[PDB]
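Beneath this line is the structure, given in C-alpha cells, with notes to follow.
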Amino acid sequence: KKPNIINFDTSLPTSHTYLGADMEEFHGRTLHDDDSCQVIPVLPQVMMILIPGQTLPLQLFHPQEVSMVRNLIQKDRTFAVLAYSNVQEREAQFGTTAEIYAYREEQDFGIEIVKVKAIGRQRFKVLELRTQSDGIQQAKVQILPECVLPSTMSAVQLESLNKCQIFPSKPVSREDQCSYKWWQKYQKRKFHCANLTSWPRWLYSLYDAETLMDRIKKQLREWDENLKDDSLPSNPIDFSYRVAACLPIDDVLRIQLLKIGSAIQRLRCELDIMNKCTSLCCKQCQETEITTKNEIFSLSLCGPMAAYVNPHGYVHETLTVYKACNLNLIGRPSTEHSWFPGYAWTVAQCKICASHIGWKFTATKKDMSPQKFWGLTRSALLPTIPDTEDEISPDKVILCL
Amino acid sequence: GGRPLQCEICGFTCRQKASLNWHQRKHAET
Amino acid sequence: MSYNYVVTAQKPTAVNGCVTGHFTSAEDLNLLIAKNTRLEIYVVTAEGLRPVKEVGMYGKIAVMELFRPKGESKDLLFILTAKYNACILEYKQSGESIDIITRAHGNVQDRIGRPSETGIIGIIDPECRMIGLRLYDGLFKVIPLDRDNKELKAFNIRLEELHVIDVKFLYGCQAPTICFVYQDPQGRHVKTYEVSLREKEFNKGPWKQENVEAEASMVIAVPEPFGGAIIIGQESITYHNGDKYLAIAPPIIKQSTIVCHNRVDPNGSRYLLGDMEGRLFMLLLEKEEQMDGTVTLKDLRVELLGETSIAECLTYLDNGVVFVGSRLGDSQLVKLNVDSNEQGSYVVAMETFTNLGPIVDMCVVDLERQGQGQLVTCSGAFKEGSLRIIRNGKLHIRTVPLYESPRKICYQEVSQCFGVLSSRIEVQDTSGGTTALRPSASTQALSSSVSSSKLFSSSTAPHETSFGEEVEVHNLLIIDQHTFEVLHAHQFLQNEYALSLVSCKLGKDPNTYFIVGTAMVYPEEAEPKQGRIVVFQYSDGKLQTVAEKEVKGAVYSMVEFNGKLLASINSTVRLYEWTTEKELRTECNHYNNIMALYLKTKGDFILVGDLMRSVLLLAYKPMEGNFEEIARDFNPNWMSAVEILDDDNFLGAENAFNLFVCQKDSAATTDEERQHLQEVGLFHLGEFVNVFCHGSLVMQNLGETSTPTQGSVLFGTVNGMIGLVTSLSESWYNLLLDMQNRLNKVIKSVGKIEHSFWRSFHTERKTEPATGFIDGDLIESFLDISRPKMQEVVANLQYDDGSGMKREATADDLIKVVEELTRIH
Ligand SMILES: Nc1cccc2c1C(=O)N([C@H]1CCC(=O)NC1=O)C2=O
Ligand SMILES: [Zn+2]
Ligand SMILES: [Zn+2]
C-alpha cells in the first residue's frame, strides 16, 4: 500500500529524547585484535541479541549494575552481551561486545538510576564463563575475525585485461535507466574472464558485493523515499551489519546470521530473507497474521526496526509499520516516555492468545502525518514464508543462503 | 483508592490482582 | 591423518608472456616464452625456432623482462612470481650441460598494503638504472640496479594517484622519468614524475598534467629519436611529448579495444597492436627531417593487418616473422607480406601450436576398449573453441576445432557417440531476430533442430533488445566417436542457458538417454526463477525430445543415483524417479544452503558443494525416503571444483590456486564431532582447476596385487595443465616427505626460491605450509640428477624393501621406486 511519509522528523527517535537531559558523551573508542583472548563482564538481564553497529539504550537500577558501570566509565567503557539461544537455561555460545558512548546518573526521587547509550562493535565466540562473589560474571572470550575475500575474478583474471578493470567516471547518475545500461556493461567487463571457468557471468554476479548492495538499496528505497546513497555506508561489512540490524527476525535466525563470517554470505542471506518472508504472524500463535512487508516503512534514520528502552529497563526491538490487524487495544493512549515525540501509545494484544504484540501510536496534533502507526516488538513476531506455489511443494521456517 | 495495575514489560494495564500475573506469565514463557 | 600424492601429467600450454633479445649470446637472437610455471628459450632461425633450454620454476611467472646493463657480455633476465619472489638470471653453457644461473634473488612482499586493481606492474629504465614495481595502490617500489644489490633491497615511494591504470619509463630523458595514466573524480589523466635515488623520492615531472580519454587503457614508451609516449584507448590514439601533441581517431578500431602490443622497428616507426577479438593491426609513425636535423612527428597511421588467434601478447622476430602468444587458442607463428593474399589479408599463418587451456570440462573414455584410457576435453573459447583428445604414445594429442565455446561433455556406449553443450555468439541483426558472426559447429550441422516447448511463452513476456548487442545462443551437439562429425545440433530456446549434462539408464528402461538441465536467464532479477529438465534419445541419427519437467529455479547439476536422478535447484536438492509412463516424479527435498552448485555421489552417499562455503554431506535413507545431513565445512574460499576420493576423504580446489582435502568421522565421540569436517590436507597447486574425473591413461594392472598407489583422479585446469592425484599409505607418505626434505637440501632452485615456500597454502590473510600432500614432480626429479647427488640424497636413510627389514637405502632402490611411480601416468 501507498500512504504518506511527510511531516514528523526521522531524526527524533535516533536521539532517544525520552531519556532526558543531554548525557556525558565519550569519543575515545576501543577495538581488540582478531582472534585475541579477552576477559569481559556480562550484563545479566540483557535478553537482546546485539548486532555490531546497533544502538542500544539501557536504564539500570540494580546497585551491582551501577557499580560495574561506574568502574567501566573510567576504563575502556566496554562490556559483553550474550546471545541467549535458550533463555530458560541461560545458554549462550556466541555474543557481541558493546561500547558505552553516553552516560548519565540520577539520584532523583530516592532511587539510584543510571542511563546509558551503547553501540555494538565486535562479534565473539564464548570460551569460558566464571562468576565472581559480587554477582557480576566474567567471560573469557575469543574475538571472531571478519573474513573478507578478493573478487572472484582475481584468480582467473587475464593479465592483458587487468588494465581498464577500473570503470570510467565511477558512479552512475543515480537514474536506474542509465544504471541498467551501466550494470550490463559492468557485468560484461568485470566478469569477462568468467568464460574461462565452469560457470557463467550471471552466477558470479550473485556473489559480488556491489550487485548485492545495489539490490539491497532497491529494496530499502521501497520502504522509505527519504533515502540518499550517502546515508548508507559504502563498506560492505558495515553495510551488511547495518542491514541485518533492522531486519525483523526470530532469535534462532538472528543467531545463525551472526555466526556468518563473510560479508558476502551475510548480504546473500539478507536478500534471500527479504524476498522470502512476505508475512509476519504472531510468534505465540504462529497462525495469526499480523502484517506484511508491504506495510513496512522507515520512521527513523537507521531503518524500520530498532531497539528502544522503556521506563523499567526492558529493551524492545520495535518495528514501525503502517497497518496491522487481529489486535485488541488495552488501556487508553498515553505519551508517557514515548519513543516517538508527538505520538501517544496504546498496548496491543493478540485477539486470540492475548499475547502482547506492541503498541499503537496515535498523533497528538491533527496536522501530523501519518496520524497513526504501529510499533511491533520483534520478540513477539514470527516471519512467515508465503504458502501456496501450487501447494504441491510446501516448506518450513528456515534461513536460506 | 487501589489504582490500576500495569505490567513492567509492556505497560499492559489491568485491574484484579492475579490477572496481570496471568498476563506476565505469557511474556517470558516461550 | 589423510595422505595423498599429486603429479603433473601434462605441462601448462597457455602462453601468458613473451619477450625477445640476446640471452644466450650477443650474436644469437633469442625468444623467451613463459607458460605459467615453465620458461622456454629459443634461438631464432630463418626457417623456424631452435629450442635450447626449458626450465621449471617455483613460482607463477608474473613479470618477465630482458635488459642489458653496462659492462655485460649479454642480456640478463628478470622474473617476478605471483608470490612476489624476484630474481635476475644469466645464461651459461659448459659443453652439453646448459644451466641457468641466479645473480640476485629475494622477496618483495610488504607486511601490509592493498593488492592493486590492475595487478602487478613491472618496468625497467631504458638505460638500466633501476627497476620499478607497482604492487600496492599508492606505493611504488624501487629496486636500484647496482651490482651491490645481490639481496635485491628495495624502497617504497608513496603516490597521491590511487587508481593508476598504467605506467612506463621514458626514453631520451636525462632523469629516470616515469609517465603514467591514472583516474580521479574529474576523469583519467596522464602525469609525469622524476625518480631520484639520492633523494629516494620524486621530483616535479618535465611535462604538464593533461586530460585524456576516459577509456585510456594502455601506455606505450616511444624510443628515440622521437621520445615521449603514446596513449591507446577504445576510440582514440594520441601522442604526447611536452611541446609535441598528435591525435588520431581511427574508426577501424572502435569495434573492440586494444589490449596487447610490441615493437617492430627499434626506431619507433612501426608497432603491432592486438585486440580482444583476435584482430591484428599495425601502427605506423611518420617523420620529417628539419633543418636542425631533428625529425618531428608528421602524423600517425593505423591499418588492420588481419585475423589470428586471440592473443595475450605479441613480438616481432625479424624476416617478417611474428609470434602470437595466445592463451585461449593455439599459439601461432605468422608471416607478414607487403602484398595481400587472394582473400585480402596481409598475414599468412606459418604454424600452429596446440593449447589445451582453458579446460572447462572433460571425460575419460576408452573408445578402443584397450583398458588403457583416453581423455576428451573441452578447450578454448569463442572462435578458438575446440575439443582435444589425449592418449599415451610421448603423449599424443588430436585437435577438433569448433569455433564456438564448449561447456560440458558426456559419452554414450550404446550409441557410440558424445554429447556436448556449446554456446555461440550472435548479434541483433537489422530485423527483430539475430544473426551469427562466423560459421560454427551449430550452423554447419549435418542435421539440426530447435526446441518447441510452450511452457514459458506467457508470464515474463520476452523483452526487447537494442541494435548491435551481443547474445549467447546455446546448443547441444551430438558427435560420432570415431569420425568426430557434427552429427546433430539442437538449438535451445531463447533466454535460456544449459548448465548440466548426464547420460544413463533410469528406472527399468534399458535405453540410454541424454539428460540436460537449463535455466531461464533474464536481464532483470538476478537469479533465475525458471528452468527445465529435458530428456532426449538418440536413435536413427537424430535426437527426439522424449520428456520435459519444469522447475522454479536453475538446474545447476545432475547425477545418476542408484537408478534415480538427483538434481540441484537453487538452494534445494531434489530426487526424481522415472515413472512407468516414462515421465519424472519428485520424491524428497533438502533446503538450507548457500547454493547447490557441485554434486557428486558414491553408493548411498552424496556430496554437495557451494561456491564459497565449502561443502556438506548427505545420505539417502531407504525407509524414510529422505536425506540426513551428515557433515559440513565453514571456510569461506571461492571453490572451483570438487570430487570424491573415497567414502571418507574429499578434495576441493579453491581461489588461490590451492587444494584442500577434508575428512569425516565414523567413530562415536559426539554428534558435534561427526558433523564437522577436518581440513586434513592443504596445498598450493599454482593452477586453477575446473574439472575432475575418475580413471587413468595406464593399463589397469591386476598383475600386481601390491599396487603402490590406491585410487586415481584426473584433473584439468585453465592454463592447459593436466594432473593426476592418488592416495597413499602412512609409511609411504612419511618416507616420501623425508625424501622431499633431503632432495631440497641439494637441488638447485630456479631463482634460489625455497620449494617449501612455493608449495605453501597462500591467501591474502593466511599463508600455511603444505600438509597431507606429496609433490610428485619433485619426487620424479630424483631420476634426472647426477649420480653423486643421487648418493648424497639417499645417504643415511632407512628404507623398507618388500615390507621386510629396515635397511640402508641405495640409489638403485629409489630409482626403481620412482620409475614404478612415474609409470602411473
Ligand atoms: N508507561 C509505560 C509503563 C510501563 C511500561 C512501559 C510504558 C511505556 O510507555 N513503554 C514503551 C512503550 C511506548 C513507547 O514508545 N515508549 C516506551 O518506553 C513501556 O514499556
Ligand atoms: Zn497470537
Ligand atoms: Zn506485560
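The chain called A is the first sequence line; B is the second; the pattern continues. Residues 42-442, in that order, are what chain A shows, numbered as in the PDB entry. Numbers in chain B track the PDB entry; the residues on display, in order, are 413-442. Note that chain C is numbered according to the PDB entry, with residues 1-393, 709-1140 shown in order. Hydrogens, waters and symmetry mates play no part in the numbers below; they use all other heavy atoms, side chains included. Just so you know, ligand 1 is whichever comes first in the structure, and atom 1 is the first atom listed for that ligand.
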(request) Identify the macromolecule bound to ligand 1 in this structure with the most contacts, using its name in UniProt. (result) Protein cereblon
(message) Just wondering, what drug is modeled at ligand 1?
(response) S-pomalidomide
(request) State which other chains have a non-hydrogen atom nearer than 4.0 Å to S-pomalidomide. (result) A, B
(request) Provide the UniProt domain of chain A home to most residues in contact with S-pomalidomide. (result) cult
(message) Hey, what does the PDB entry actually call chain B?
(response) Zinc finger protein 692
(request) Give the source organism of chain A as listed in the PDB entry. (result) Homo sapiens
